[PDB]
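In this structure, dasatinib is found bound to Ephrin type-B receptor 4.
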Amino acid sequence: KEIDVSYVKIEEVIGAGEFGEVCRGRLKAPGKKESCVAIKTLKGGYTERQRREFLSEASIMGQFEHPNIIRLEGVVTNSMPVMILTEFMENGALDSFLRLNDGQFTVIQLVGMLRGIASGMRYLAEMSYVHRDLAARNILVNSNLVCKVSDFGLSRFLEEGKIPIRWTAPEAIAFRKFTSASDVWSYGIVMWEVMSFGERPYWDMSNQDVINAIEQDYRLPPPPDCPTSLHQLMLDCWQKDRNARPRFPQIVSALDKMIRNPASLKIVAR
Ligand SMILES: Cc1nc(Nc2ncc(C(=O)Nc3c(C)cccc3Cl)s2)cc(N2CCN(CCO)CC2)n1
């Protein structure tokens, strides 16, 4: 959906992306009220291949419509600079948002965030889309604490960017078989990131140390104050046999049960 350049106002540069700046702005189109948008720009000095990779994210995002998936507003391609516009997520990336707010949200709030992420993933799996880079740094958060999946692209990993080892299921590392079940492994890592308020998975371990540890049956321990039932769900996501892991509909169901029976979240390890 091509957007007339005159409908777009850039207000402030708010971050740095893979291909250039990330901005906050306003979109005002005839017959519609003004709305806030995030804007990524691609400025001159790039290869034609880079332009396609940049715009591919908009093509893929535009295939989806779900409250926990970032919404595309449109693109600017018949003019320079090239732009992609989405809904504006006032709290930015989830991992840094939680680090800024360490210990300041309740267990029930954290579970609600995890439920939104799992609902977005349930939708992607139903659409036969495998994310491959599910991580808290790729979840965006709005003013109401709603969490939405971002970072869309179908390009192969370098070995087939590099494979994100700490988030990746062991069969995907070893054999490059990426499936919704490998995204479930990654989702378990995201759960650990959320319940630890943005700690780095596996701390200072090297990538090869992580690979070897997982093969030797190590799994991340419960974060401080984490309900045991949430850590058990993490362990279920981290089963070595991909066919034994829960599927995303089952994950959403488990989180919904916790929200409805919050007394079950009181048990914590000693
Ligand atoms: C970098 C950043 N993004 C924010 N919100 C975003 N919403 C949507 C974004 C976005 O990337 N969409 C998008 C995607 C996903 C793909 C292609 C194209 C596009 Cl356009 S980025 C907020 C933010 N903050 C800075 C720090 N704090 C403020 C100061 O205290 C909190 C807020 N920082």
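Chain A is numbered as in the PDB entry, which gives 608-767, 780-889 for the residues shown. Looking at the header, which is where the method is noted, we find X-ray crystallography, 1.2 Å. Just so it is clear, the values below take in all heavy atoms, side chains as well, and ignore hydrogens, waters and symmetry mates. Ligands are counted one by one from 1 in listed order, and the atoms in each one are counted from 1 as well.
The shortest separation from a heavy atom of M668 to dasatinib is under 4.0 Å, placing the residue in contact. Mapped onto UniProt domains, most residues of chain A near dasatinib sit in Protein kinase. Interface atoms of dasatinib facing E664, defined by a heavy-atom separation under 4.0 Å, are 16 (C), 17 (C).
Counting only heavy atoms of the protein, atom 11 (O) of dasatinib lies nearest to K647 CE, 3.8 Å. Each of the following atoms of dasatinib lies closer than 4.0 Å to a heavy atom of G699: 4 (C), 22 (C), 23 (C), 32 (C). Result for chain A and dasatinib: the nearest UniProt active-site residue and heavy-atom distance (1 Å) are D740, 12 Å. Of the listed options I667, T693, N749, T693 places a heavy atom closest to atom 12 (N) of dasatinib.
Contact annotation for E694 and dasatinib: only backbone heavy atoms (N, CA, C, O) come within less than 4.0 Å of the ligand.
Distances between N or O atoms of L747 and those of dasatinib include no value under 3.5 Å. Counting only heavy atoms of the protein, atom 4 (C) of dasatinib lies nearest to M696 O, 3.5 Å.
Counting only heavy atoms, dasatinib sits under 4.0 Å from the following UniProt ATP-binding residues in chain A: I621, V629, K647. For dasatinib, the residues with any heavy atom closer than 4.0 Å are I621, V629, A645, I646, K647, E664, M668, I691, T693, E694, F695, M696, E697, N698, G699, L747, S757.
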N or O contacts of dasatinib with protein under 3.5 Å, please list pair by pair.
{"from": "dasatinib", "atom 1": "5 (N)", "to": "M696", "atom 2": "O", "distance (Å)": "2.8"}
{"from": "dasatinib", "atom 1": "7 (N)", "to": "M696", "atom 2": "N", "distance (Å)": "3.1"}
{"from": "dasatinib", "atom 1": "12 (N)", "to": "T693", "atom 2": "OG1", "distance (Å)": "2.9"}

